[PDB]
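Structure of rolipram in complex with 3',5'-cyclic-AMP phosphodiesterase 4B.
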Amino acid sequence: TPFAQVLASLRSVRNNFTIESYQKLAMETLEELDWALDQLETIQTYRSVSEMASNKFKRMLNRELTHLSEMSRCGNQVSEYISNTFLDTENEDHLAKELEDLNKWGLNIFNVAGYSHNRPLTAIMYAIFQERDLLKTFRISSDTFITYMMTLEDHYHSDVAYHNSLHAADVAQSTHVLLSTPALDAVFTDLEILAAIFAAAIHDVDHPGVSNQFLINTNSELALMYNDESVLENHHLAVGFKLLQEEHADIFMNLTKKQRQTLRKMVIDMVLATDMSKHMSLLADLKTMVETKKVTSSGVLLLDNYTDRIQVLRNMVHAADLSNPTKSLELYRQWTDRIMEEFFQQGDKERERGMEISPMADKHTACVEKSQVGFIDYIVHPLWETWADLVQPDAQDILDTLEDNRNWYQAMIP
Amino acid sequence: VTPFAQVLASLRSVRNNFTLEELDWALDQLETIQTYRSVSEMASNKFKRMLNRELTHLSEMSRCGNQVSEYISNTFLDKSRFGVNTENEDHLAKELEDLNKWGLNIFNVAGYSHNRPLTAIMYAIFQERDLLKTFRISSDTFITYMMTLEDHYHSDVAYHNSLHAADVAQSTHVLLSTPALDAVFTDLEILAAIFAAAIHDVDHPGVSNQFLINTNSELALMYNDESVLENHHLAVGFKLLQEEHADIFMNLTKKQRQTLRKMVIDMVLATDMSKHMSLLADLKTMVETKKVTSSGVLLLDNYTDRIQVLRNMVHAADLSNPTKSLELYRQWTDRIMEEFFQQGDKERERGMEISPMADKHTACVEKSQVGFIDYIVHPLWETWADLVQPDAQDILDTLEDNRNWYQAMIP
Ligand SMILES: COc1ccc([C@@H]2CNC(=O)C2)cc1OC1CCCC1
Ligand SMILES: COc1ccc([C@@H]2CNC(=O)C2)cc1OC1CCCC1
Ligand SMILES: [Mg+2]
Ligand SMILES: [Mg+2]
Ligand SMILES: [Zn+2]
Ligand SMILES: [Zn+2]
Ligand SMILES: [Zn+2]
């Protein structure tokens, strides 16, 4: 395996390096080399050592297969097989005023809901798509677009307090605004933008107002069918893409097969990243991205390969999903009530199920203010602090707004 | 600051001051052998443990500090006499003498069971391993589950039928008996492994995940193209327990069931042929660092090690055919091609480009098995045999002989 042999090579450097001002330089470097030696082995996990090993075996076989595919017609048939199988109105006036702020972080999605017959998702999506000229770009007839958009919005539960089309509309608009970050200009392709926005719009479709954990615990059909892994995220994606199958709703029908293939890859990639358990993994990638960030003249970021761009895009959607504490207090406060209401509904579901009440789920026991300060300090702030570093100086305001709201909720703890 | 970057931050100040060959070889080989997600896991682990320290502290604070830490922790941090109806009977019993033998003829087991080899072999395994007593599984419950399971294995499908399931189940049973693996696995780990094998291919439609993705199938659509069949097999396997009098796991504790479900999902997902290289990688690292207790028995400490072995065991059992006797192996080759051919017949009706081995005019049956052995089956079994040496030598020998036989058949 590679790491085993790489460790054996450097271990040999240490043993053969040993074999006044010079002394200071000599000794300072030896313990530094030793520090890096321990830190290599200790920060190593099972899947990290394995990844380098699997990837060498993959590379090695692909060399042998390229050779074999040149031999006979048969060699080619065997190579192709092996390669593919074992290798990877008054309302319309106010709505328009609220929509002036479509590219602004401070848009009030709640008023958008109010002036749009409680259809903020269709309202905001059509607005975004006209703003980004995506309907023209990707040959999407309005008729088809709204047909899809309406069905999508229909499969967002009305009865659910937080994970309703209003949350979807917020993430969609928030993602739209994050894409406009100056630091990321020519950076993404039109299909990448299309993927991102559609990803955001569907990221929570048919959400039943309960956690994956609840679904697993209650042995739900949904858990059972998705083998307890990313049960909801998989379900959202499945609905999102199946809705395209409805009568005159295929918004992607005018893209090439490759375009659709790629878009489907990215959309799956991004919505799966909205699993809150994938949080640390996303934050890890974003931190490494900041560390090795390369910036082209006048401030615009330099993201080469797809791998880099998708890391940014899935982090962008995740950051947009966790945007509420960074919004104005008037907005943020309403999201807090909405989240709690949903949390308490799950608690009621557990009470009659005779299940031990979920942490936060009982309105009788809930602490809220102290909770938001926990949520900010440990999850929201680290994420946004990282994002703001990557996109500096932009998003400095998003952070100050968050920091202020943290202090406000801190000041509310009885 | 992330770890690998922190390492190379010091490693680079060391080299830019040390001034050598073995350091400059590994200077390049550290960075180059580094992927995109191998780098990521080092860091995501650093942050997960960082936060878990902070929450442990916060829990100690108030009743509130505990509610907030429990919330955050759970949300942003991970984790008949024979069983079959028969008049043939006595013949079935003779074939079943070989239940613990690698050379059992599953095809005759099918013959003397009224084509019910899965129920026949499973009931046999469970009586042999005394699992029904161990896990309080009433016979009715067992045969009831077993029959419904066998029913959801397509008859119309040439290779991925209950006969293949029965083969993997019996092959896994035999691999668990490897002397090199004695006290190693718990009874629940054995139960997990055998059940995993029995259901690993349930409701298989006789087509590849690739086909399903390409044809934009409901199955692909609902499983977002990742491990489409493997996820589906598991979903069926576990949903069947919901049938009246079929819950074979009803008498296990909640934790026992929770753990078994974890391992079964873990193992069946590993039967994705695209996970092949990853499985082999883990098995090779396991071999390299293997610790063996007195008189030959392996020493596998934590769950992580045992599950790597168990998933590799089921995978090895799924790719066992070329390591079986030529009489058996030859029949599996025909069966696999028949299904492959039929897979192409579906592509044809769909106007799709016919898959590599999917056409009989173009198929290199013999040259193909030699490719399959040389590149996939032999490396896997060669690794397995190293881990459980000297056991599995017989398997390797049989494999080697059969490879030479198919080599000698190339026109
Ligand atoms: C505005 O609040 C919140 C907004 C959004 C979320 C996400 C939706 N559900 C989650 O688990 C993450 C949690 C919130 O607050 C949490 C702090 C404790 C209760 C929930
Ligand atoms: C007995 O041969 C085979 C038996 C079993 C399998 C597995 C089931 N499906 C797979 O893709 C792997 C493939 C075989 O042979 C392969 C090489 C020639 C064609 C397929
Ligand atoms: Mg989500
Ligand atoms: Mg399978
Ligand atoms: Zn969301
Ligand atoms: Zn009954
Ligand atoms: Zn199989």
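Heads up: chain A is whatever sequence line comes first, chain B the next one, etc. Note that chain A is numbered according to the PDB entry, with residues 167-185, 213-281, 332-657 shown in order. So for chain B, numbering is the PDB entry's, and the shown residues are 166-184, 223-282, 326-657, in order. So how was this one determined? The header says X-ray crystallography, 3.2 Å. These values consider heavy atoms only, across backbone and side chains, with no hydrogens, waters or symmetry-generated copies. Atoms within a ligand are numbered from 1 in the order they appear, just like the ligands themselves.
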**OP:** List all ligands or chains that belong to rolipram.
**Re:** ligands 1 and 2
Original post:
Counting heavy atoms under 4.0 Å, which other chains neighbour rolipram (ligand 2)?
Top reply: A, B
Original post:
Which UniProt-defined domain of chain B has the greatest number of residues in contact with rolipram (ligand 2)?
Top reply: PDEase
